[PDB]
Amino acid sequence: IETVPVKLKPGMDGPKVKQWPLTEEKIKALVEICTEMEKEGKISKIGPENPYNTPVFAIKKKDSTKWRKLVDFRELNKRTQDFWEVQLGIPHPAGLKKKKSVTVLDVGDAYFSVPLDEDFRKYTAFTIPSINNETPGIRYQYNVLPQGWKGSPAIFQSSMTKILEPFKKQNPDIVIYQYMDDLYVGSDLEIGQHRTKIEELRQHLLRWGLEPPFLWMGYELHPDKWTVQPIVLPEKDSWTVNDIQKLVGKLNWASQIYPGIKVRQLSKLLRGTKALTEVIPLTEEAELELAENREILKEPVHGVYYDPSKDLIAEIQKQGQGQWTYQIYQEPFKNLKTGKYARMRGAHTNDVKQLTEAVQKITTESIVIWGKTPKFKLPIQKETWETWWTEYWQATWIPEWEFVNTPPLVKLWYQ
Amino acid sequence: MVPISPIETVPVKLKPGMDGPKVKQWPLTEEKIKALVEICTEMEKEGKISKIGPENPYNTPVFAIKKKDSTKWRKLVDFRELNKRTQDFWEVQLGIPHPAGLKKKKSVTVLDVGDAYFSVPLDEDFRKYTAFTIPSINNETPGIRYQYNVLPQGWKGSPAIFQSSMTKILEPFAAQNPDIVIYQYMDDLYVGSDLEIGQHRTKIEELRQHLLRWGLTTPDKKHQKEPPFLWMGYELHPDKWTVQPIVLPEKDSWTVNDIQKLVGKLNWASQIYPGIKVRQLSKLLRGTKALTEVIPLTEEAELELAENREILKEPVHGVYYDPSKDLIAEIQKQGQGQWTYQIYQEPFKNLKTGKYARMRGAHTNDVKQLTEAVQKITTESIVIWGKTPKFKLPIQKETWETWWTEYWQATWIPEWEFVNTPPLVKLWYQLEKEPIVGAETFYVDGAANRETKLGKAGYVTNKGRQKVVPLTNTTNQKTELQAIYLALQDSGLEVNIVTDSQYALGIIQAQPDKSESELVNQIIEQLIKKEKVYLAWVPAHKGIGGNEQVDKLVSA
Ligand SMILES: Cc1cc(/C=C/C#N)cc(C)c1Nc1ccnc(Nc2ccc(C#N)cc2)n1
Ligand SMILES: OC1NC=Nc2cccc(F)c21
Ligand SMILES: [Mg+2]
């Protein structure tokens, strides 16, 4: 009810980010949403003495028909002071990734009950554009904690802990982790039990609230079943020259990750200048070397540790037929997680929609495991991604990304 | 008197840490001083400026400029220094409407709102920074000191604050009259509708009456400006639009500057004249910016210019947007990285046209360029109309499917249909997914000495076919490409090629059909002639038969 003082980082002005082009349906949705927010006091119109701007668009969350306003506060979040005053940080719960069900709640509507520091509000300015710039863009700023801003969970944290005390005391084995506008609630109960505890939890926030438009939803995950991708080599009875070449190439790559990998004896099978399709019998020396390599590859990579002070990097490869591989790492060749998708939803003839869904799933995994989002290296031309990703986005956060323009040879090794 | 509502002031600040201007007033002639004193007395009578005491420490210089061919002087207060120190503002005019996104209107009336400008008060706490001094006659008394009470012409914040103040005044009128449009440009309001003229003129009078609520008077003797409007380089008419006349000069010899001006005109023209091209003429501007340097026009530039003159021989107009109809965008390949497009709703009635040029880069292909053009038109269309057009593209559906399913990147083009108008975009080659049974296998390699730039490229095959070629003035990368070229030259229609060059694989896996490297282009021409090609990569220096032998032959 009283505002927490907020500042930008030293020697740092507010965001001045261009609003990107919006479709007619998104503009009309935003006009309707913002007219109601304004009536409710959450936002107010601003004048030309506020030169700041942050982009806005609109999404439909997974399984809903109602538009949600999404502000892209990535720039404001970079420029906002860090929040360690009451707590150096919320030590990330390593047990969340171990639960049999984790449900993700959109709780961001709660933030609107806390006023934003009057001196910081100008920095949350945003614009609803008009088609063809025929009328002046509608300019607003927030009067309350905005969804998507990194300060909002920080400032609301005291209020959230208090709302949740009764549920936590009564259900002590539940893991509850907050990330931006999401609440992650992990249990090891039967899903019907689980859903009921989730609904129990909603009521505490409905109760406190006295309506939240997306609180009723639930994104159900199951991280104990999350799969990884170790390095595996083919098991064959007939090896062609080409097969052995590909094997030697894969093993050479793997030897950058794993010390003791050897290819001497396998390379020796190819002596001469043979046709690619010719079948080569493995010698005993080569079968032994291969077996030794297989055994090395069953072990974990050496010297792999997470440093919370370093960025997480996520790489994605398109494998075809709807399949995507990915790796999350901080240092080259020291993967912290690898994985693979294929279940790409309602996107069989759309690569970009599939990639956008993969980016969201990887980010979700990253949040659950380390409590932060990775920086993506995306296999797509910048202009294609920027034109389309907002059409498929369903999450209330947005990670950072860069673009890969040269085809990586290593895609082959993750197939 | 009738009370009027005040116009809310915008609070204004100087940039952090800066103070107001303290700029010396230049000496003026006795003649200019008398003129400024009379001018400012009138401005003061009208409430625009007020005299101030000597405490105010700020100053901005004032000038007197003779309005040409008149005995009347005009005052100029030079706010350059205050502007450097004034905060930045939100500028709403950054995006200007494109005519092709406008809607047809039966009537458009203009209203002069120049007098309103001076009903807009300046933030009381900022006025002190606008102080200026008329020097005294003979410098024998203190100069007369004034500050502004209204938005000064030439001050940084005046356009943004005037527009935002007028928009706020206009908002309830527009909201409650959804059957008109209102647009502010300079000191004029443009009001458009589809109403019968009597109702339309009624709305205009009602608007004049709304404006009076703030004491804002508009001239009775209605505006002289009438359709067609000359606005931002366009001509707007009630039911069509075009660019203002495009006249390409005749010239016996061309300067850098002339060619820059020519290309700018062509670019402007290309939004409604279909087919405009500027590649060859822009090529002439490469690198140099000596504005007076003469450049001979290539024969290719002369043909491009001649083709453009023909396109521009007679007027072309665009139609306005009908939201009840779909938007269609059709694209053609023009050659040399150039693409042209038309956006229409009814056949043969374009809303607008435009062009797209290949991005600078080492290697490229037509499918990528077409995709980029689609992505550009899509974004332009979202800006102008708020929706993606349906596309008509010169690429077969099966070609696109083969491309995107096998391309290493994610890629997508929105709803489209094939239009069979040459030249068609096609896939010139496609590499095999598996080694070819029965096709000879070429193990290729090259190497170069970094100091002497001498090198070798060659191959050895499973049939004992071998070649090594000595090369001069070369590099490891070039020799690695030369080796693949040799294998393609000397093989039959089906071939397996084994390379250890990550560089060459990176290029070939990008699937170029044209390159800045003539060696890559030679490789592409060979690939086009094959029936099947499988390219296999192996790590260098690993004892891999075939690879090891050729590496030995070429590194010697
Ligand atoms: C952007 C704009 C510039 C001018 C005028 C600028 C200046 N000078 C005048 C108006 C009224 C507008 N605003 C809009 C908005 C929607 N449709 C239209 N269509 C429209 C406008 C003018 C003519 C005509 N003749 C025909 C149709 N204009
Ligand atoms: O940029 C322009 N704006 C308006 N009219 C023009 C006429 C010729 C060239 C040109 F660049 C322009
Ligand atoms: Mg070599």
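In what follows, every chain begins at residue 1, and chains take the letters A, B, ... in the order their sequences are listed. All heavy atoms count here, side chains included; hydrogens, waters and symmetry mates do not. Remember, it's 1-based here, ligands and their atoms both numbered in the order they're listed.
For ligand 1, the recorded drug is rilpivirine.
The chain forming the most contacts with rilpivirine in this entry appears in the PDB entry as Reverse transcriptase/ribonuclease H. The chains other than those of the drug that have a heavy atom under 4.0 Å from rilpivirine are A, B. In this structure, atom 27 (C) of rilpivirine lies nearest to the protein heavy atom B:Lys103 O, 3.2 Å.
The deposit lists the name of chain A as p51 RT.
Given atom 3 (C) of rilpivirine, the protein heavy atom at minimum distance is B:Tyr183 CD2, 3.4 Å. The closest protein non-hydrogen atom to atom 26 (C) of rilpivirine is B:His237 O, 3.2 Å. Rilpivirine has no N or O atom lying under 3.5 Å from any N or O atom of B:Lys105, backbone or side chain. Distance cut-off 4.0 Å; other ligands and ions near rilpivirine: none. Among all non-hydrogen protein atoms, the one lying nearest atom 16 (C) of rilpivirine is A:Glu134 OE1, 3.6 Å. At least one heavy atom of B:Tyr320 sits under 4.0 Å from some atom of rilpivirine. Closest to atom 21 (C) of rilpivirine among all protein heavy atoms lies B:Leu102 CD1, 4.2 Å. Proximity to B:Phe229 (heavy-atom distance under 4.0 Å) selects the following atoms of rilpivirine: 8 (N), 24 (C), 25 (N). Residues contacting rilpivirine within 4.0 Å (heavy-atom distance) are A:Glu134, B:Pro97, B:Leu102, B:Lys103, B:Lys105, B:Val108, B:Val181, B:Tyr183, B:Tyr190, B:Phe229, B:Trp231, B:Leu236, B:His237, B:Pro238, B:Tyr320.
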